[PDB]
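Next structure: contains methotrexate.
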Protein chains: 2
Amino acid sequence: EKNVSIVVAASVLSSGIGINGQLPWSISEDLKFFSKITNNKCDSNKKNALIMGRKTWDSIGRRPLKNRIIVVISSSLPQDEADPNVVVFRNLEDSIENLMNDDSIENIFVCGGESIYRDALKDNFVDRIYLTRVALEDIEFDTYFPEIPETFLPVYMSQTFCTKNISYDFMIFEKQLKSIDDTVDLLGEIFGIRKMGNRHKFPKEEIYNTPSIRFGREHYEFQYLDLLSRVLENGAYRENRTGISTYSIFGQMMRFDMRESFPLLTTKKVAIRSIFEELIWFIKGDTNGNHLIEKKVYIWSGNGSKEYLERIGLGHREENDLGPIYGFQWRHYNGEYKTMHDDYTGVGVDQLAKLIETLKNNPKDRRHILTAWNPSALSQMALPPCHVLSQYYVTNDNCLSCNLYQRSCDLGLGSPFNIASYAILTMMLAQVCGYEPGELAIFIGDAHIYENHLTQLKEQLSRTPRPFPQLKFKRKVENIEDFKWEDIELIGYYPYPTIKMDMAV
Amino acid sequence: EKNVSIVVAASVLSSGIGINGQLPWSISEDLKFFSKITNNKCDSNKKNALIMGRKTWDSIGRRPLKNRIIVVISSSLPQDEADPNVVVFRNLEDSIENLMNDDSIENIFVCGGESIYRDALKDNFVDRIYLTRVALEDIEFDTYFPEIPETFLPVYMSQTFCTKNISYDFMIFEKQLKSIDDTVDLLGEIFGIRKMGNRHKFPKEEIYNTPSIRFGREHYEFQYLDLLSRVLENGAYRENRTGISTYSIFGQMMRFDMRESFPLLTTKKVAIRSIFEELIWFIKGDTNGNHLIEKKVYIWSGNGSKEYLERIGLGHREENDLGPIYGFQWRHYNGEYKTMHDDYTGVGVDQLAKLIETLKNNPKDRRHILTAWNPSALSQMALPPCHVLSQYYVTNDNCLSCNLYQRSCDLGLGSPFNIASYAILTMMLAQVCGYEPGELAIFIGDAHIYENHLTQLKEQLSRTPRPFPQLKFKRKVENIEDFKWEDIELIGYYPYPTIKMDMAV
Ligand SMILES: NC(=O)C1=CN([C@@H]2O[C@H](COP(=O)(O)OP(=O)(O)OC[C@H]3O[C@@H](n4cnc5c(N)ncnc54)[C@H](OP(=O)(O)O)[C@@H]3O)[C@@H](O)[C@H]2O)C=CC1
Ligand SMILES: NC(=O)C1=CN([C@@H]2O[C@H](COP(=O)(O)OP(=O)(O)OC[C@H]3O[C@@H](n4cnc5c(N)ncnc54)[C@H](OP(=O)(O)O)[C@@H]3O)[C@@H](O)[C@H]2O)C=CC1
Ligand SMILES: CN(Cc1cnc2nc(N)nc(N)c2n1)c1ccc(C(=O)N[C@@H](CCC(=O)O)C(=O)O)cc1
Ligand SMILES: CN(Cc1cnc2nc(N)nc(N)c2n1)c1ccc(C(=O)N[C@@H](CCC(=O)O)C(=O)O)cc1
Ligand SMILES: Nc1nc2[nH]cc(Cc3ccc(C(=O)Nc4ccccc4CCC(=O)O)cc3)c2c(=O)[nH]1
Ligand SMILES: Nc1nc2[nH]cc(Cc3ccc(C(=O)Nc4ccccc4CCC(=O)O)cc3)c2c(=O)[nH]1
Ligand SMILES: O=c1[nH]c(=O)n([C@H]2C[C@H](O)[C@@H](COP(=O)(O)O)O2)cc1F
Ligand SMILES: O=c1[nH]c(=O)n([C@H]2C[C@H](O)[C@@H](COP(=O)(O)O)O2)cc1F
């Protein structure tokens, strides 16, 4: 009995491996992973064995590897007794005998082609699968990886990495103490909601995304998918200013990486264009809702209709004049807001401009804050600022991190937008100031789920995540308000089908 | 071979158990815990065995317990063969035979007096200890619990509970997968700081408080003591506006409970009086530094000296005229700040008053925000607001929770004060509005440690924590600015000796 694992790097969707006798990508870090994973020996005078087909043996140059015995599955190659680091077997079934004897071989790894992968799974010899998912699908394959059978379960999913603008993950598939559990549960019976642990229950398998991945939830999309589960388990049914009631908890956070990936949800086709047009709308200082409607973006029409505006006591306002919201408080703080058609160039504290000047001249400064809560002009807003405070931080490696506090997040409609919106905003500040994107942390107050999103959000938790895409700018801009949608390149985004959710006006 | 545990409820410091033949406290939940912990059987047709001395057998009334065999250790009591749920042995050594030959007994529990506790440890019969630490020391004992030998290590420590204004914990003392670890480490060698996991390394045992408690870090003081450990492991040496450099990370949070306890650090004698006088100073709208100096509180002298004020370009300011800091922005927002001795009654948005009126009339409201960042009047401040935004939330149980975002935390000098300040403020808002204290969450930006605190904070991590104290008000106040230091009763606070740290002016 010895561990027999599979090492493979396939595409994210079609699961393709190699084209015309060679690989369709050149990722250096992946090959280094193959080296480290196949040289993992626990004893000293022992070496691992790698199994591959002839066409794979040909593709690697017919040369042995460092302290690894190469096993070739060929019906034509002669068993050369000269080379001890390369052995040839006539078939895969006969080749699996270095487990009942040959103690020298510690572990066994299967890394051949489709012909060897398919026969290794159908014969039930595989105990573990090391999968490297590459985000490449607009190309052509000729050799694919067989679909993983239901007997294997995902146990680990790494963070999204990047190499030459190509995103890739690392997953593990396994074939599927007691003294504290019998005490915390007893204290949970004595104290009900007196014990704070009962107020934050661990979600059950029915709302936990990919529950087989227990200890290896490293993909930072789980920071969002586990928040949905945490709301369904502990969310309190509550009313609000709209007719749609919510399930809300208080005090949650999400952490994201922006160096090797771009935090854009893959479990739902997020409209990335609508997020950008809203962000550049904020950066320009514009509070005219029609400008977004004139760009085929209808996300501020509900909160800017004639019925809604007169309902909240703003009948004196034009159709889509939202008012001093983010975008007016960013560029003009404490400015006498008249209408949307007015000229505020020069009035108000330009927080965004001073923020850039502070990030360049004083990086070690701790007060790189951008606020949006102005109590003096709240009754004039069509809607109070949801994402309020935002703090930025420069590391010693010229990286730019971002922290956001959100008073209430509409998980399903507002959180996926706010994740990408401030991720793009951080990258824009990083380019203009000359830094690199770092980490993104979002601190949430009233994390709620509207009751008409339960059917859709329950579907999102059923979809296993995919690696994050890459976001690259097409040109360096002079100022900051010069970005255009054409200057944005989204690389390797293959999400799940979009699910429609209605906005609670 | 079967488990032989010890169940005991001793004092926090002297470890006292019982006085004049009875217990020195009446905690109903503790007895309920003793019942549930001794009725934990896995086999149905099997019963546990409880061992106690004669003087303890007398204290419980000489009556058996529900489906538990009581073993009495007495040299005078006759072995009554009539009662099958009570058996008498002449000594403790002879009484322990129901493990090698008696299958009927599943588990063994030792819960006698000092005579049985000391003999159970000195003879090395104990495999596990269930300790209930009660915060009572101003009384008199007569029977104590033996000091835990070095062979036992803490494995679990529950949250601080409360019963009749008495805090108590629950601890466990034990006698002192593998496939994913060998993959995340490999990815940590390939990618250096490219992998986000390496930027947030798990602290080492040498800076981890009570490293034996791995899975049972439920005491919410660990939310602060593990933040110190996380800074020492991953903190980047950085400069700032003062001569003292720091070790800072970005994006950390802490969680606290205010229902059954009061988040006041026990690893250091925190000056609670100075925290209150600062908090009530904010509520009144006062920005005069001398008023705290006239109350034997010298925490704003460094940032309010004649030398410091002229160094930051405010030489035209009086001695301790701090300016519009928190405390002016709370009660008077966007008010024309003149001097410290002015009458701003009527000018500026009274955020605190509107907050109280909103918490009463509209609890389900999501915009219970109290901000302190006013970019229009930042150059007038002697020091920008460190703790900026604060959001409040009413649960369905008429409880008041609080979320805070802090721009920079001086861990060791500023964090312990800010924890209690917003904890007391939440209780003040809860009483005036008619709610109960709930949860407290603090969201941190630049979590740093000044380099002159390393010797002291490394000492703070060496002392194992103690249960939180209780904070109760002595009277109900009419408004909110009527609180006085005499109206506060701190119950059960037994911290470690105070350690002096210098403020980076
Ligand atoms: N992304 C990845 O992880 C990997 C990708 N690849 C790619 O896949 C491609 C190659 O794979 P593939 O085309 O499927 O060819 P294979 O690598 O699977 O090799 C197949 C050959 O092995 C022999 N063989 C296979 N099955 C048997 C059997 N049951 N009994 C006896 N002999 C057998 C035959 O050779 P013979 O003629 O001697 O009988 C057969 O032609 C390449 O492009 C390569 O780059 C390869 C490895 C890994
Ligand atoms: N806080 C807690 O968890 C608990 C507290 N207590 C408190 O502790 C106090 C009582 O405990 P304590 O004073 O120590 O007395 P004990 O409960 O330990 O009982 C001692 C008696 O057991 C017999 N005994 C003790 N040692 C031996 C021995 N080595 N060999 C043979 N017989 C022995 C003797 O009985 P004999 O007269 O026959 O010689 C002795 O009088 C009470 O206040 C009680 O309430 C008790 C249990 C739990
Ligand atoms: C069989 N094969 C195809 C191939 C390519 N990429 C993969 N990637 C993964 N994740 N898994 C595989 N099984 C895999 N297989 C191989 C095997 C080894 C080398 C190789 O050159 N290995 C060097 C790697 C050199 C390096 O460190 O850069 C070694 O030292 O083992 C290339 C292709
Ligand atoms: C020997 N003794 C003293 C006593 C009191 N408190 C303790 N508390 C702790 N944590 N550990 C002990 N060993 C302990 N012992 C006892 C033992 C049982 C009961 C008792 O009444 N038990 C009932 C409990 C009734 C209830 O649910 O409140 C039971 O069903 O077990 C009281 C005192
Ligand atoms: N209650 C409440 N009030 C709010 N006011 C303003 C907002 C922001 C916002 C308003 C609307 C949306 C929205 O429809 N997203 C979306 C989601 C999935 C698929 C497609 C789309 C848009 C369609 C497209 O591609 O055009 C997103 C964000 C907001 C909110 O989210 N909730
Ligand atoms: N850099 C920086 N600047 C700041 N300006 C204003 C503050 C607030 C503050 C200033 C000082 C303290 C302080 O000495 N605490 C303390 C800690 C442990 C033991 C005893 C004490 C006081 C002794 C006693 O009062 O009994 C706390 C809080 C602040 C800060 O914390 N850091
Ligand atoms: O950027 C946004 N992010 C967001 O989460 N919302 C959602 C949060 C909440 O569901 C609603 C605001 O309702 P309320 O003002 O009562 O908090 O809008 C709206 C935005 F514009
Ligand atoms: O309530 C407070 N909390 C706090 O953490 N500081 C410390 C944090 C840091 O040491 C300093 C902030 O100065 P600056 O952020 O301008 O560097 O004050 C000060 C307070 F008054």
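So you know, we letter chains A, B, ... as the sequences are listed, proteins then strands, and number each from 1. According to its header, the structure was obtained by X-ray crystallography, 3.1 Å. For the numbers below, each heavy atom of this structure counts, side chains included, while hydrogens, waters and symmetry mates do not. Note that ligands are numbered from 1 as they come in the structure, with each ligand's atoms numbered from 1 the same way.
Every copy of methotrexate included, the relevant parts of the model are ligands 3 and 4.
Bound to methotrexate (ligand 4) with the largest number of contacts is the chain that the PDB entry calls Bifunctional dihydrofolate reductase-thymidylate synthase. Other chains reaching under 4.0 Å from methotrexate (ligand 4) with at least one heavy atom: B. Under a 4.0 Å non-hydrogen cut-off, the residues that form the binding site of methotrexate (ligand 4) are B:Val7, B:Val8, B:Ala9, B:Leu23, B:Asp30, B:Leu31, B:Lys32, B:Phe34, B:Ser35, B:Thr56, B:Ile60, B:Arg68, B:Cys111, B:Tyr117, B:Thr132. In the entry, the organism recorded for chain B is Cryptosporidium hominis.
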